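Inspection log for the structure reproduced underneath, given as structure tokens.
To match the PDB entry, the residue numbers of chain A are left as they are there, and the shown ones run 182-418. When a ligand or atom number is given, it counts from 1 through the structure's own listing order.
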Amino acid sequence: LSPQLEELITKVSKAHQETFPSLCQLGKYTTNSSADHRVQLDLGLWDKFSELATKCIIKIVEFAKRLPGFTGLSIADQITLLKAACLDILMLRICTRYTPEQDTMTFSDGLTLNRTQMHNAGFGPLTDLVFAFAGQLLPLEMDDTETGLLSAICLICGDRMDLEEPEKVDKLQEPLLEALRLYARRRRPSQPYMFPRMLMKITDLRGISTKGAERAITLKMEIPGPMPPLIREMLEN
Ligand SMILES: CC1=C(/C=C/C(C)=C\C=C\C(C)=C\C(=O)O)C(C)(C)CCC1
């Protein structure tokens, strides 16, 4: 029924709004650390960065739990979905926080890093691809509810590997897909290609994430210690 789809759009939208501060509500602020030029790794910047990443992973687990039916999946499956889509979601998130004129990305506490800093923070040689994905996202002009539904679709995916009940996850995802097309089309009738464009972003995102995981391998050798436990949880996927 439509009321249910509408209900689903509102829930997800709020789940997302409540776990991911919009950019325009963020009290932006800066740092003067290695803004100068690129280097292998600025350890102060990496600490702040990984600390923010850890918190966003928890926020993501929170978001997932507010998605109808997630909590009804086996705990093994829930964990399986989180490990598999978490990096993808992190990517879509800072990328949706891109500011083209300043060429910066803003983290959840308002920390705004310029391209050199994101590099020094840890993205290293993957920075420009990240910024390139961010840029190629702007044309879509997705709103909060669309980014939330899309992240929900990235997460609830029955094609994951250790799924115990992949069929249950597919059925959970189904309404999310309906929700996104209905909403995307309603908000913009004149742009029929938005739904499929957004769906194709999922595949790109997954592409930048595998690269990001590979970036983590190298990163591990640059840091004078182990990466935060929640981040490692995510990387062991
Ligand atoms: C965590 C992490 C990585 C990527 C993080 C990304 C792609 C986004 C983080 C977004 C945050 C932290 C957003 C916010 O706070 O709003 C890379 C692949 C460099 C490897 C080391 C661990």
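- Of the chains near ligand 1, the one making the most contacts is recorded in the PDB entry as retinoic acid receptor gamma.
- The compound at ligand 1 is the drug or drug candidate 9-cis-retinoic acid.
- Residues touching 9-cis-retinoic acid within 4.0 Å, heavy atoms only: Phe201, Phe230, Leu233, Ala234, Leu268, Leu271, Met272, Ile275, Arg278, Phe288, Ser289, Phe304, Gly393, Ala397, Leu400, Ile412.
- For atom 7 (C) of 9-cis-retinoic acid, the closest non-hydrogen atom of the protein is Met272 SD, 3.4 Å.
- Here's the thing with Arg278: one of its N/O atoms is less than 3.5 angstrom from an N/O atom of 9-cis-retinoic acid.
- Of all protein heavy atoms, the one closest to atom 20 (C) of 9-cis-retinoic acid is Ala397 CB, 3.9 Å.
- Listed by number with element, the atoms of 9-cis-retinoic acid under 4.0 angstrom from any heavy atom of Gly393 are 18 (C).
- Annotation for 9-cis-retinoic acid: atoms under 4.0 Å from non-hydrogen atoms of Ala234 are 1 (C), 12 (C).
- The shortest contact between atom 11 (C) of 9-cis-retinoic acid and any protein heavy atom is with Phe288 CD2, 3.8 Å.
- Among protein heavy atoms, the minimum distance from atom 10 (C) of 9-cis-retinoic acid is reached at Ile275 CG1, 3.6 Å.
- Each of the atoms 22 (C) of 9-cis-retinoic acid lies under 4.0 Å from some heavy atom of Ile412.
- Of the protein's non-hydrogen atoms, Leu268 CD2, 3.9 Å is the one closest to atom 4 (C) of 9-cis-retinoic acid.
- The single protein non-hydrogen atom nearest to atom 14 (C) of 9-cis-retinoic acid is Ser289 N, 3.4 Å, given as residue, atom name and distance.
- Scanning the protein heavy atoms around atom 3 (C) of 9-cis-retinoic acid, the nearest turns out to be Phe230 CZ, 4.1 Å.
- Each of the atoms 21 (C) of 9-cis-retinoic acid lies under 4.0 Å from some heavy atom of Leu400.
- Looking at chain A, most residues touching 9-cis-retinoic acid fall inside the UniProt domain NR LBD.
- The nearest heavy-atom contact from the protein to atom 6 (C) of 9-cis-retinoic acid is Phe304 CZ, 3.7 Å.
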